[PDB]
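Structure note - AT9283 present.
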Amino acid sequence: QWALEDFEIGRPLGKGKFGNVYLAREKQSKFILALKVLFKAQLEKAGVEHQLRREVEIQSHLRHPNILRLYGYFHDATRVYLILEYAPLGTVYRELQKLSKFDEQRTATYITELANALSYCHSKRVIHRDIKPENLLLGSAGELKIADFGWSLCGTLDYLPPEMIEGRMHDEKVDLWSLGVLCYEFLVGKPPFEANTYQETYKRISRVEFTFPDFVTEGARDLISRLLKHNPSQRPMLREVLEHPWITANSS
Amino acid sequence: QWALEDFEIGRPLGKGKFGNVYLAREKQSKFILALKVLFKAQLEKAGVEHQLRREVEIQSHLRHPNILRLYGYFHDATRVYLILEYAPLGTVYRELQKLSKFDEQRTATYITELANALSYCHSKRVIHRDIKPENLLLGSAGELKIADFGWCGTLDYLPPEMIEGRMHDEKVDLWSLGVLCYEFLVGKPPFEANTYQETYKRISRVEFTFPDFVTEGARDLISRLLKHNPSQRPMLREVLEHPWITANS
Amino acid sequence: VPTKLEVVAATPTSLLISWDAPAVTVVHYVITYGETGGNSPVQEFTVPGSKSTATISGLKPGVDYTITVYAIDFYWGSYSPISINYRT
Amino acid sequence: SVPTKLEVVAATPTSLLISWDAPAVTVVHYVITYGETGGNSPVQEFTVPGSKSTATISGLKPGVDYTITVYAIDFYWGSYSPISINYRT
Ligand SMILES: O=C(Nc1c[nH]nc1-c1nc2cc(CN3CCOCC3)ccc2[nH]1)NC1CC1
Ligand SMILES: O=C(Nc1c[nH]nc1-c1nc2cc(CN3CCOCC3)ccc2[nH]1)NC1CC1
């Protein structure tokens with residue numbers, strides 16, 4: 001059992017319209033923690049309170065180095081508290097918004113870590129993990145941690161394959177399309193299908209309309225292209241992606 | 001490029017979750033239609049624009065007699081307008097509120113319309129269409145028309161492979177079809193429980209019962225449609241050729 | 001949650017309690033009551049989530065009872081109870 | 001009419017500065033179209049960042065009247081109902 005009176009809420013770590021995340025620590029042991037606060041009204045109003053309750057049970061029976069941990073949860077009249085692992089270095093979104101581009105190795109390294117988790121998740125039947133930059137955190141040793149615990153030019157459309165946006169059948173092969181999109185984003189600094197309006201982007205995804213700048217190396221240009229394919233079956237396997245020469249060369 | 005000054009707004013038809021709907025007529029053509037008006041403020045507070053904007057593009061490519069038509073959309077500063085087909089007979093949710101349940105002739109008929117609408121969606125590779133009483137309208141000739149836009153909850157209509165968090169295919173429509181047939185006959189969701197933990201188990205374990213006034217024909221269909229393993233569920237073509245609906249249509 | 005829980009009316013044979021709306025969807029309330037202090041295990045009955053009152057019958061006069069009610073959220077379980085003492 | 005305050009701030013025989021009240025809403029970018037009013041030659045289009053509230057139009061002939069239509073684009077729901085004004089210079 002958990003309660004709000006067992007945490008020393010330190011300084012905030014994020015303030016948005018969907019919820020707040022404060023720096024906290026266990027009182028008995030002084031163990032640093034991350035407390036994610038969400039409001040039932042917004043969750044109930046959006047129809048996501050179920051999905052949030054679904055992730056809590058799913059993410060409690062699985063552990064992985066590159067997967068943020070959920071150490072419990074509690075609630076009150078209006079709010080819903082989540083006990084999350086702490087990540088000192090922050091989110092890859094902010095670190096990306098500052099540096100804009102990553103090294104050829106940092107990208108190949110991030111892609112290496114994400115691929116391992118997706119295989120660990122795709123094995124347990126846990127298909128589709130949102131791995132957009134906003135849901136990627138950086139730990140003490142500079143390692144990624146997928147943090148899919150609810151909300152947080154374009155939005156979440158830039159990371160979806162044609163199967164999702166069109167409401168068609170999807171499977172574990174959507175994760176590959178996300179790696180290709182995210183990989184393209186670390187090197188170039190922007191999703192490949194990003195446009196000015198929702199419809200414009202929707203058409204570029206469904207039609208697979210994107211282009212590679214000149215500075216994009218040849219190795220990365222072969223992996224990203226092998227993942228961004230309309231047919232989800234033509235895509236590779238998470239094992240083959242790990243064997244790609246460009247990854248094995250620059251990754252770590 | 002429609003605009004608010006192109007319609008003759010009139011009697012209100014209802015009050016949705018993110019706004020209200022009105023009844024209007026196309027000025028330049030005198031065509032009647034339903035004009036759903038959703039306040040952006042209520043849309044952005046819950047972040048549901050992309051969920052509806054995505055549904056718009058999906059249904060925009062879908063034009064079936066049993067699927068509500070979306071002729072176009074326009075917006076202003078603080079409101080988003082959806083130009084929807086008109087349904088003079090109201091919403092099926094109102095029928096279940098006035099009647100509490102349907103006769104096997106009305107259910108088998110509605111199940112026959114939906115099985116067709118679902119098969120049309122499968123032809124376009126579109127799956128998982130919400131067909132709860134809320135999103136079902138009644139056209140002019142008693143034609144059931146699906147309306148997926150917005151405005152327990154949907155949990156009751158979710159198959160056992162989606163609450164558990166696993167990959168799903170086109171068979172989720174067979175589940176919701178059987179679930180829907182159960183509500184039209186009984187007037188209640190078959191897996192409606194008190195709490196989430198209880199509602200989850202009953203769906204994951206298929207813990208439902210047939211009242212005394214449920215015939216063997218219907219009981220057999222619902223039994224066939226409500227199979228834990230999606231492979232064990234029937235095919236839409238077989239549903240249409242089921243004895244229980246071939247006689248009650 | 002419930003935050004308030006008073007006794008609006010009572011009789012030598014039964015009592016009638018009431019509470020406030022928690023500004024949140026509640027599945028249903030669990031009502032437990034018994035002689036405050038400790039004579040034997042307490043009882044437990046449920047009341048729908050839409051109702052804001054209950055009626056416990058079968059209480060002897062002159063017994064400082066302790067009624068406890070805790071709401072249950074559909075997704076997140078039970079709330080923190082709110083107990084109040086009353087002498088029949 | 002979004003934008004609302006479509007007006008002419010500055011002008012000259014060569015170029016022309018246009019402005020409009022901030023929409024107080026997230027706009028991706030503005031599309032401006034201008035051409036000889038009354039149904040003359042086709043118009044000319046060019047885009048403007050969604051943060052700016054002004055725009056410059058260069059290369060005009062003095063005297064002719066022009067209909068300057070400004071479209072405000074919303075990411076999700078496309079363009080608003082435009083606002084046009086005639087200007088002679
Ligand atoms: O769940 C979240 N974040 C976290 C989960 N685990 N740990 C975090 C979090 N939030 C983090 C924020 C920062 C940077 N700030 C400045 C320096 O001191 C720490 C705070 C660094 C690391 C952070 N980690 N959501 C973030 C607020 C939007
Ligand atoms: O999608 C909606 N409406 C419609 C789209 N197309 N057609 C409708 C709609 N809504 C309808 C409602 C009624 C019955 N009521 C009593 C008589 O007049 C006022 C409403 C009848 C027909 C109706 N059609 N949502 C609002 C809550 C109903």
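Per chain, numbering begins at 1; letters A, B, ... match sequence-line order. First listed ligand is number 1; within each ligand, the first listed atom is number 1. These numbers come from the heavy atoms of this one structure, side chains and all, not from hydrogens, waters or symmetry mates.
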Report task. Please list all instances of AT9283 by ligand or chain. Result -> ligands 1 and 2
Report task. Find the chain in most contact with AT9283 (ligand 2) and give its name from UniProt. Result -> Aurora kinase A
Query raised in the report: What other chains come closer than 4.0 Å to AT9283 (ligand 2) by at least one heavy atom?
Result: B
Report task. Give, by chain and number, all residues and nucleotides of other chains with a heavy atom within 4.0 Å of AT9283 (ligand 2). Result -> B:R11, B:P12, B:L13, B:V21, B:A34, B:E85, B:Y86, B:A87, B:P88, B:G90, B:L137
Report task. Look up the UniProt domain of chain B holding most residues in contact with AT9283 (ligand 2). Result -> Protein kinase
